[PDB]
Structure formats: structure tokens, C-alpha cells
Amino acid sequence: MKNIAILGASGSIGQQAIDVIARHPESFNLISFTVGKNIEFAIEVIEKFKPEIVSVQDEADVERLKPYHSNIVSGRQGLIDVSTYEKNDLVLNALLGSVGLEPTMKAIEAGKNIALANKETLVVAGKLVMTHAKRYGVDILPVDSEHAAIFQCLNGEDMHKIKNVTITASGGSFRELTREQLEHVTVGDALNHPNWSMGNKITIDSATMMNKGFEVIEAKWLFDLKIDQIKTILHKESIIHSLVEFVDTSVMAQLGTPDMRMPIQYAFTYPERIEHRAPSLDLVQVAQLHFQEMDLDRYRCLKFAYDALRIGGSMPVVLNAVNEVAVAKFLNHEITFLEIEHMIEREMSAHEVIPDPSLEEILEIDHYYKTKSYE
Amino acid sequence: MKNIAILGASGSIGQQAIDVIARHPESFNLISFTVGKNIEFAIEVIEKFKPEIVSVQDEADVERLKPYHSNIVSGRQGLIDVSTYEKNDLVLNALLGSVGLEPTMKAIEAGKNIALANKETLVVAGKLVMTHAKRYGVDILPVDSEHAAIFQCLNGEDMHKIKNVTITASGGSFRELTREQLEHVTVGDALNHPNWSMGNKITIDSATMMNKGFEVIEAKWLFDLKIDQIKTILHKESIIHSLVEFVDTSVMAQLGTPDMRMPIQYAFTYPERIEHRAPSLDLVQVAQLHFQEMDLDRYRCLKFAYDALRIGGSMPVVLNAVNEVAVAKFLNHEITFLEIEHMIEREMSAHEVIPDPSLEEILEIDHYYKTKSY
Ligand SMILES: O=CN(O)CCCP(=O)(O)O
Ligand SMILES: O=CN(O)CCCP(=O)(O)O
């Protein structure tokens, strides 16, 4: 048996990881998990999976759960408790935004392997989080279409012989608009995403191209690449999930239907793969696959991400913190769509960067930008 | 450092590998090489690399190369001593035809890693060379954009967990035509394809899809496959060279330029890779990749290889030898295009079928069908 911890269990990635657990009672177990605010979901999981400890993200909800369960934690500590439980053999982080940083930190400290779906952990503190993995003898296991993809293409490969990697972008809801028309998009239209869903924050990030920019950074720390090693390309159908090129011009791609359970389960069964009872990718049905050169004028958020990469230090913490606040304000009909872009540029032009932020200053800056006034 | 040996050196592939040796003096030297035919090329290749043993076709030619160094051989035995030169570390078998079979086999026994550029040996002696390769503790690598893909896809994986394999197809010169319009086809419109480069025999195989039939049979033995795996798809751009799917549903693939210096050089370096100075694959310039189902009514030649595979034994040897003569004759205007599909079909249906041939059966069954009357 492997004992699995799910951090973001009430989310898209978390749900899909519970199905995987529900498709393999023989090899997996759900030992601990975390929700936020979807308490009905928690009761369903507790009455099916028999987990030992559950954490809510708000204390008032503890006693809605206390009949069904006895070991109920809550809040900030409730996260570390569920990610550091000693019966944990593997921790899956499906939290969004930097809320997930601190628990993987404390989980690593406890010598526990990490399947990492939470992107911004590596965006705000990649290099901090990696050099912590070495030193505790724990590995970081990507669970994210684009990065699970790169990962499998490197099996039996010397990472030293990578020329570049290319990360594929679907282009989000507004891929067939020019900025001119973007003055006119509603929240409803932004939420109607092409290829996956995945929840609302990822859907807007995908339309902003922040999602890919976050992943170009995550990829720099996973695979130890340079800025010129990271390319992007626009792939409408989202079949090819990424591709790496080696110094001998051989190029490797991984393919699938936009379904997250495969990368999740491989991150549970590495380096063995086991059967996944689901329809296979039928290249004959898809008929054709498109590729267009990335446009950095149409998606300036991907240019900011590159810029947060080449400045370094604490600039990535700001790009993430303000994006978290800009996307929330957009979904609450507080700002317009192109506002997300302009909000981000401001705080970055002003940021006084810290070269090698420790954890506490990273969590500091992130707090400053999430509670600052945007007027 | 590795000392390489090339058997079909005057050949198209043997020369591209000579370049792949010449770009990397830090990793390769050519220690021994074989040539029949072209004696000129030998002298230009002796002067550069000064290798330690040579073979010619005809002992008649032995005399012209006495003055350029000492250790020269010829004939059937000639091929063997350069195959099993104890200074070789990897031996590239580049001579197309039934001549490739025995040299390879003796090189396996001398314990030499083999690079297989001869499509013949694994269509015709698959179970043989493979069981012997496992017997003598040596691996067969592929130069071949198709099988070098599979090799790179499975690198770092448990072959036990393969679902399918899918080799990719361009469809030859007549992809856009129907078997009805191919009553009107000529030898000149058969060769209007990018495979035109040393494709005289290979373009025809591409036009009839014998070419990929041949590689599903090689795949079956090289990667220990069952027939229900090994699928095939029409991919017009020929950028994706092959797909592998695992029991978890994941799908790997290798994509590339149409440059055979790439697999050649990967073959040489097997676990390693190392720098190949050519233009990379720009995916934004080939805007799309197309994918149509394989139609076995439309390419009866492809069913014929799945047929030869379904039976086993000596039946694949009949396929290679007859397709050889039927393709050869079509080019001499002795035979019309659709006949190749018929000429093979008749001989196949009539063939007697030996269950587990040995080398000499295989060689004799090959000779008879190449030289009989049609
Ligand atoms: O793990 C999945 N994603 O990060 C979403 C990929 C979609 P896109 O590049 O359009 O956002
Ligand atoms: O061995 C020959 N080839 O790999 C040439 C590929 C062209 P085809 O795709 O139609 O087989």
C-alpha cells in the first residue's frame, strides 16, 4: 500500500486524484486530506475512504464535520498537520496560489515525497523548494500536463544533453481575439474555456497566458534549464502536451487527451506505470494538429513571466501575489479583463527585489501584495 | 571512444555514416570497412582514416590496394573477417540484400554490437538473429527513423507495460489516388516523391507501402511484439516518426527532420547522444500534422506483411524475395504497377511454408524466388 495525502482535495485536480485512488484500492490509500469550504464533499470522502485526519480551511466548519470524524484540524496549522502526518508516504498538493508553499516546505522537512500540482509553490520559491529536496533526500514529482510530459521524455535521458524544451499553449478563451476586442469581454465569456476545466482561477490564468508563464518558471527549477532553454508554442488542440529537444536534434513529445488522471497516477506509481481504464488518445479522430508561433504582444503576461524569470530574486513572488488578487477582483466584477495585465505591470516596475529571499520574507512580500490597497 | 565498422560503405547510408564519423573525431574512428564495386572510394577512405583491415568484392581487385596498406581480404570470407575484427566495438551492417545475413550472424558470435541498416535481415531472419543476439549478449540497434523512434520512446521504460505501437506512414507517391486511377500510372509518376533520394527501389516500396509492411515485421522481432500491438497510421508530413502507448494511456513519440545522420549517430552512441550540427525541427513552419486511418483495401501490400507476420516461418522470406523481383521488373517496364501486388500474391498463396527455417533454408528459399521464372 501507499498512503496518499491530498492537499487541494475539493479542487479539479484533487477530485481527479480521488477517482484514481477509487480505481486502485489495491495499491493506494487516502490517509489524509484538506478541503476549503466544500464540506459536503468532505463527508462524502470520509464516508468511503476512511481517512485518519481531515483539515478544513475555516474553523467555524469544524463542527459540521465532527459527527462523522474525530481528528479534525483547521486553518494554517491544519495544512501542515495534513501534509506532515507520519503515515503519509506521498503528499499531493493541489492547492492554488502560494497557500501551498509552507506545507510542502514542512512536509519535505519530514522526509516525504511530493507530487506537485500547485504551480506557484515553484514560482515563488523554486530554488528554495528544490535545494530543500536534496538535503532531505526527497524528490519532487510533477503533476501538470506540460511538466509530467517533459518528465517522461527524460526517462533514460541525460538531462545535460537537452538543447531546449517547448511548452504548448492552447491559448485560452480569447485566442481568436485581438487586444482591440479584449476591451469588450465579460466574465461569463472568460469562464467558458476551450480545452479543459479545471476551475475558475486556472481558466482566467489560461486566458491571460499567466498559466503558461507560471509553468515556464516551474520548468526552470524542475529541470535545471536556462532562459534560452524554455520555448513556448501555440497548439490549438492541446494533444501534444510539450516536447524536449536533445543536442542531437532528436525531439521527443508526449501526447494525450486533456485528462489529468494519467499525470496524477504516474506521480503515484513512479517509475512503474499501471493500467488506467479509460479511452485512449485516437489520433485518427483528432485528424489534425496545429502549431502557431507564440505572440508576446498579444499575451504580454507571458512576457512578464519571462521578465520575472530573468530578474530573479523575489520578482516571481510579486507576479504571483498580484495575479492572485487581480484574478479574484476580475471574477467579482470589480475590474475589467485587461486590468489584470495593468495591475501586474505596476507593482513590478515598483518592486524592490530581494536577491535570495528566505521563506519568511517570501511569505512576507506575498502578504504585502495580497493585502495592499489597489484603490 | 568507439571503433566502428561499415559493411555497405560505398552505399548511401554507409557514406552518411562516414560523415558522422568525420564530424566527431573525439568519439569515433573507422577501424575496418567493406566495399564491393567502387574501388575509387576505398582509396579516398584509406587515405583519410587509414583503417586496419579492408574487404573488396573480387579478389581480382586485391592487387590495386596492396600498395596502400597491408591487410586486405575479399569475398564471402572477406566480409566475415572485417565483421569479426576483434578491434571492432560496433559493426554497422549497411549492405542491403541477402548478403547481410551471415556477416551479421558471425559478428553476433564474435560478440559485436550491430547497427542494422539492412532491412532484409530482420524481415527474413528475425527470430534467428534476435534469439542469437540474446544468446550472445549483444543488442541490435536500428538506423531507421521508424525503429530509432521506438527505441528512443521506450528508453528508460519497462517494455512489459506497452499497450500498442504505431509506425507512421507517408503514403508514397499515390497517397491521393484510388486503386482505379492506378491503372494509368507510370514508372516516372511513381518516383515523384521526397523519398526520391536513393529511393529507386525504396520509393516503389513507399508507393506500395511494402516499405512499412517491412518495418512492422522488423518491429515485431526487435521489440518482442505481438501482432495486435504494432499499429499503423497515415501521417502525410512525416514529421512524427513513431508512437508508443503504455498501459497507463501515456503516448510517447519522436519527431524529426528527414536526416538519416540523426539515427545513424544515435545508433553509434546508443546510451549517449552527443551534438549533431544540423538545423533543428521548426514546428511553427510546418503548420500542421495530419492523420488518416490506414486503409488495407487500398494497400493490399500492407496486408501481405501482416499476413506474412500472421503465419511466421518461411513466409516472410517469400515476401521480401518476390517483392524484390516484382519491384525490379516494374522499373524495367517488364511489369505494370498493379502487378507487383498480384505477382507477390500468387507466389505467396502457392508457397509451401517451413515452420522454423535455419539460415541455409532462409538463404536457399531466398535464392530460388529471386532467380526462378515469372
Ligand atoms: O495542467 C494543466 N494546465 O496547466 C492547463 C493547460 C491549459 P493551457 O496552456 O491553455 O492553459
Ligand atoms: O526506410 C525507409 N524510410 O524510413 C522512408 C520513409 C517514407 P515512407 O514513410 O512512406 O515509409
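As listed: the chains are lettered in turn, A, B, ..., one for each sequence line. Here chain A follows the PDB entry for its numbers: 1-375, in order, are the residues you see. Here the PDB entry sets the residue numbers for chain B, with the shown residues being 1-374 in order. For ligands, and for the atoms within them, numbers begin at 1 and follow the listed sequence. Per the header of the entry, the method used was X-ray crystallography, 2.9 Å.
Modeled at ligand 2 is a drug that PDB records call fosmidomycin. In this structure the chain with most contacts to fosmidomycin (ligand 2) is the one the PDB entry names 1-deoxy-D-xylulose 5-phosphate reductoisomerase. The heavy-atom neighbours of fosmidomycin (ligand 2) at a 4.0 Å cut-off, by chain: B. In this deposit, the organism assigned to chain B is Staphylococcus schleiferi.
Residues touching fosmidomycin (ligand 2) within 4.0 Å, heavy atoms only: B:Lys119, B:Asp144, B:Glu146, B:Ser170, B:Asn195, B:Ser206, B:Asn211, B:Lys212, B:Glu215.
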